[PDB]
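Notes for the one structure printed next.
So that the names make sense, note that chain A is the first sequence line, chain B the second, and so on, each numbered from 1. For ligands, and for the atoms within them, numbers begin at 1 and follow the listed sequence.
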Amino acid sequence: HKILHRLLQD
Amino acid sequence: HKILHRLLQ
Amino acid sequence: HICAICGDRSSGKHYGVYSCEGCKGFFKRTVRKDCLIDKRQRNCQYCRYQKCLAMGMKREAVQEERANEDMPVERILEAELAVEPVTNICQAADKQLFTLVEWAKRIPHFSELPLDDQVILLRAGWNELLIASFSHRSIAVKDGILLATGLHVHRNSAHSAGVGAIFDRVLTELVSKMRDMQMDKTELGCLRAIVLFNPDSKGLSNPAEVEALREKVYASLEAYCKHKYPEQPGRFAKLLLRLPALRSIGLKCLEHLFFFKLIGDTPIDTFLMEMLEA
Amino acid sequence: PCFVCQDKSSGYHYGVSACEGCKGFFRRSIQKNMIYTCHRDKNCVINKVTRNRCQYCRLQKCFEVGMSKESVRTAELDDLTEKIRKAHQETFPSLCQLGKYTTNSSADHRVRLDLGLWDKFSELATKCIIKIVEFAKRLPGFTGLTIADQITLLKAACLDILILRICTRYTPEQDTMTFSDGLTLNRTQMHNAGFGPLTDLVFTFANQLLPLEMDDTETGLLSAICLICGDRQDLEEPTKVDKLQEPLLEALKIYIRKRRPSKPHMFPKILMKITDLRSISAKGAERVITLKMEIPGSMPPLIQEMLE
DNA sequence: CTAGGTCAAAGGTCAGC
DNA sequence: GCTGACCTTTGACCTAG
Ligand SMILES: CC1=C(/C=C/C(C)=C\C=C\C(C)=C\C(=O)O)C(C)(C)CCC1
Ligand SMILES: CC1=C(/C=C/C(C)=C\C=C\C(C)=C\C(=O)O)C(C)(C)CCC1
Ligand SMILES: [Zn+2]
Ligand SMILES: [Zn+2]
Ligand SMILES: [Zn+2]
Ligand SMILES: [Zn+2]
């Protein structure tokens, strides 16, 4: 999914 | 491994 | 055979006069950019330059025009400080993956690169990154490794579930070598910065900048090996040589995790499960 | 007149009228296989007052006026460099010295395997393995070594040597590779001969070797470094292997930057092609055991003896 | 008369102060 | 930023076939 994408999100 | 030995010596 | 300007040692004639290298460079730069004089006191532009012209130097003989500071080891030093059987190692892998995402944001130009580029670079060589992490973390202990949760894993217990050949591959080709050559934390973060800036990764949007950052990592790590270990002539080359073994181990390493996944026995954490499922 | 820099001639040198400076420049460039990079538009005109400025422009003008490349005919660590150049050039003839030919056996679209090309490719493979061991012998200090450890290094690096050598025989304009006897195969024939899934990546490696502009010396030294590696398992004297490979690394660096002043970053890249070579040979080793069952007869002796 | 080879004298780099 | 010790490259001159 976007777990890494959301971990770098903020 | 005959080939290797014969080749080396 | 003595310099006719300041009495220094001379190898031959320059610009028409016996001279040394200092007067040579001084005259050349003075012509390009437009008081007793001996080697003790040659450093007044008049005298120096005026004595060069007086002894016979010709301005027409001059021909025409023919630890770094963008990837400094400074940021790697800051990075490695900033962050730093089978089921336990998957545990430590998942715990470390968050800190790897954090370790990405401390490389000088990792933040400025694009949205897709971050995710691709990070989940392209994550296993080699963390394998380098605990491989460098396992220098003290002999035949075992130390995880991110303070777990010692070694010998037949590490060899219990048919996972000993790869463990010995890491111990022999990575841990014991890093220990035998005493690799600094800086050099570790440089190697992991090279593994990080992989331009041969799939789907990369404008990978030329990634490869360029890898170039600056090459140069900065090399100059760092020039300053830190000048006695060791081959320090940059043989520490680079560590990367092939890292990829070879990471391959069979990752495939072990692949079959382990597709049999459903090992409880794998979700964040770890992502990187295995592209 | 000098057709390059419009200077006084000294005779007809290398095919055109040239001065002494451009003559020495062309001889030094061809003899040392130099690689020049221009810092401008590569348009830099060369004459009496504007000389140098860019070496690539001067050499380019030498080739534009018609100078014949064909007419052309520290030291401690360079000795072994020239030695390995001799060994690799005498154990593997370079691509531009083979009167190559072609065949038409399964040459259009891919099949699972062609028995005849697998046959000719098999004798070619045995031959090139023999010459691989011959290249190993002529390396400095490889003979005076543990026989079990020599067999270890050859068993571990044979596929890497094969992939590197066969990828230094690639033709980009035709997408073809050429073997040691002149047999030239296209990508389809390479697949049908017994490469299969390796093909795509192997050819990939070939293209990845094109920007590096490696010559015979760099290929020989890289081959020796892949051979002499202290990371191979089951080694009885690994530290002496590492010590034996250090001067090969340093000589490779000195040579690479000797031929490239404006690109002092090519040694880590050429050295890091090993990182891909490891995976390619790693999948090829089991590609052999996939070829085990598809052949009706059996695997040739040296191929299976050196690849397992 | 043109190859290859030589070496004084141009060019350049880059720690160290 | 200038300095100067240390290295590379150029080209006029030379010898051989
Ligand atoms: C090499 C190794 C494994 C893979 C580990 C991965 C993919 C990441 C490790 C992260 C850690 C454990 C970091 C740390 O210690 O801080 C597996 C499971 C194949 C079994 C043998 C040991
Ligand atoms: C040995 C061989 C294989 C690879 C050969 C490679 C990668 C290069 C061969 C180059 C030759 C044979 C060059 C020459 O003709 O000199 C593979 C893995 C397909 C399996 C079958 C036997
Ligand atoms: Zn002086
Ligand atoms: Zn004064
Ligand atoms: Zn000219
Ligand atoms: Zn130019």
inquiry  = Just wondering, what drug is modeled at ligand 1?
reply    = 9-cis-retinoic acid
ask   = Which macromolecule here is the main partner of 9-cis-retinoic acid (ligand 1) by heavy-atom contacts, as listed in the PDB entry?
value = Retinoic acid receptor RXR-alpha
inquiry  = Hey, which other chains get a heavy atom under 4.0 Å from 9-cis-retinoic acid (ligand 1)?
reply    = C
key: Source of chain C according to the entry   = Homo sapiens
request  = Identify which UniProt domain of chain C contributes most contacts to 9-cis-retinoic acid (ligand 1).
outcome  = NR LBD
